[PDB]
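What follows is a single structure, written as structure tokens, with notes after it.
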Amino acid sequence: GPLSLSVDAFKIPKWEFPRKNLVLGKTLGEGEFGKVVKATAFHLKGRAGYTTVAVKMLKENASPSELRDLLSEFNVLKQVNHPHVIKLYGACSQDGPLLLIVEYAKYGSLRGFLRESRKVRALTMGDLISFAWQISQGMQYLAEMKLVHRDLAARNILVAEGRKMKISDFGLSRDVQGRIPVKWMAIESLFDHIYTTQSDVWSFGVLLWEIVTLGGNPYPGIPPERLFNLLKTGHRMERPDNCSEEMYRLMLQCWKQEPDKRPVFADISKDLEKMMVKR
Amino acid sequence: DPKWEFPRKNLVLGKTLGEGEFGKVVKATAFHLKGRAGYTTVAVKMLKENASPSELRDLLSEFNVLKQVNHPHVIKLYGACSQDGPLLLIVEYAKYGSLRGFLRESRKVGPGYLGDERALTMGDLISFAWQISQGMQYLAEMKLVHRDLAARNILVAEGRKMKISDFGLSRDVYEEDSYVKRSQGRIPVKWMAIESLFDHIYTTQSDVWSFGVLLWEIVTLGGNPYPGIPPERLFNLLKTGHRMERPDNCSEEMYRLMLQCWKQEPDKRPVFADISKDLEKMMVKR
Ligand SMILES: COc1ccc(CN2[C@@H]3C[C@H]2CN(c2ccc(-c4cc(OCC(C)(C)O)cn5ncc(C#N)c45)cn2)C3)cn1
Ligand SMILES: COc1ccc(CN2[C@@H]3C[C@H]2CN(c2ccc(-c4cc(OCC(C)(C)O)cn5ncc(C#N)c45)cn2)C3)cn1
């Protein structure tokens, strides 16, 4: 099928890394399907000595969809290059299991970074606006490349050195049933199965809510089965504590029913630029 | 449904029996359940807060299948709470847990594999296989492919009664006697049949392949199939004609049943009625 062709094509030069040069270390995170380990890579892309990386792999009970996701993530990350998108270095496909070598982000996920942090780790409202803007800049680039991310959330933003935001998890991203958690999906994605750049805008609004709440769980105490009816009727998440009126108006605009009425990623970046400079 | 809807006030949730990224099972108790007096100990299948549509569809699909099916070797649905709250499915509590966990316990726990309830013989392992094949024969007659047939999804109830469970991925096959999926499957690669992997075809004969893998797990005492081989390499191995080697606690007759289950051409595989007949003959000769 489609996957057996891809697996054969992937197993078989720019992106192929020698397996002898890679030394895997501790586990950075894990599920039943797959895991990420910290590693070191000798002579990676013409670098001197050892380069610290993260290595994405599958576990022994991996399904076809999980194997397709990893190859899909490889295929997208070849085509993209931006300071706020995760850098693919390459992949081991000739020696053992299929590994993807990506950049190491020292502070981990944005969800974990914010949950570790406290009220205004010292983070200010300017720092939270800065994190939002960096993700909006990365999403502006991806939208220009005709690439819907689909799973845009705080767990999938990585926090690199100098607190530089990195969009990651391109397994479910597509060019232009679903496996995105219901609380981050747009209304047209839920009802009509439509995924556009404007459905990423809705998901960015949820990511903005996570950033302002310091890694809070969206729609708290509401199961995802009930969310079909609530979003249909016009209910949204209320304004959280330590959130401005301008910031909440950006969230409510992201969560409009009609996708045309939502702001584009160029508009979001401009709003956050205006928020920063006025402070 | 009047038959299957249960009052939420009568259900009292307890400790977590198992969990994944998508969903969870908790031990619970149900007051006045299906005309019983007082509290009946049960298991409650539910979703986690980060659940997708496919995971929500799978739970409803499992619920819809368990309404229609009734067998001594299939997990009993008692009911569901589905109105004004999270979707809960009330199933029977199986005291010994999954068959994978039970058999892996019988390595460390005594008296263990010999050759009362923890003391396992080769006859008892043949008995577990037969009960699952009897249940799969019934599901095959109902035009129902299980798809995720594995030792983790067989539950071990009181009196060591085998119960097939995890019907999230199971699909109907009345018309054409096959389920075809355009996109990629969510069944682990090491339990999938060759035509399921390459061609996306799921029939009763693809469950037979998966039963052959379950037979390998049972005889190895909860072993991991294709040990030290990643699932990416399994495309090439199964295509060339490689299969799992004969494990140490396995007869020649029992291994011939596994090799027949793993034939390339699905028509050449045995049906679940034939598998039950082989296990009946193995039992009586021992
Ligand atoms: C399809 O293949 C897959 C799919 C999912 C997975 C792993 N999954 C579970 C949920 C998803 C994503 N997972 C991780 C694990 C580690 C990290 C991670 C964590 C991390 O942590 C730094 C620390 C330890 C907090 O200081 C640094 N870096 N650098 C790059 C990555 C990547 N990728 C990381 C991010 N996500 C955990 C693996 N392969
Ligand atoms: C679609 O929604 C879903 C899908 C899957 C899941 C749960 N998944 C993860 C993998 C799959 C199956 N899971 C479990 C968890 C607990 C048990 C279980 C475990 C169990 O163990 C008793 C013990 C701990 C050995 O004493 C007893 N019972 N009784 C009924 C069930 C059920 N169901 C159990 C079986 N499968 C864990 C939840 N929602």
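In the text below, chain A, chain B and the rest are named by the order of the sequence lines, each starting its count at 1. Going by what the header records, the deposited coordinates were determined by X-ray crystallography, 2.8 Å. Order of listing sets the numbers, starting from 1, for every ligand and every atom in it.
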Compound at ligand 1 (penfluridol, selpercatinib, entrectinib): selpercatinib
Supply the name from UniProt of whichever chain has more contacts with selpercatinib (ligand 1) than any other. Soluble RET kinase fragment
Write down the other chains contacting selpercatinib (ligand 1), where contact means heavy atoms under 4.0 Å apart. A
Which organism of origin does this entry record for chain A? Homo sapiens
List the UniProt domain of chain A that dominates the contacts with selpercatinib (ligand 1). Protein kinase
In chain A, which UniProt active-site residue has a heavy atom closest to any heavy atom of selpercatinib (ligand 1), and what is that minimum distance to 1 Å? A:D151, 8 Å
UniProt semaxanib binding residues in chain A within less than 4.0 Å of selpercatinib (ligand 1), heavy atoms: A:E103, A:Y104, A:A105
Which residues of chain A carry a UniProt ATP-binding annotation and have a heavy atom under 4.0 Å from selpercatinib (ligand 1)? A:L28, A:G29, A:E30, A:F33, A:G34, A:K35, A:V36, A:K56
Okay, heavy atoms under 4.0 Å: who's in the binding site of selpercatinib (ligand 1)? A:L28, A:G29, A:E30, A:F33, A:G34, A:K35, A:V36, A:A54, A:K56, A:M57, A:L58, A:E66, A:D69, A:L70, A:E103, A:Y104, A:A105, A:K106, A:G108, A:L158
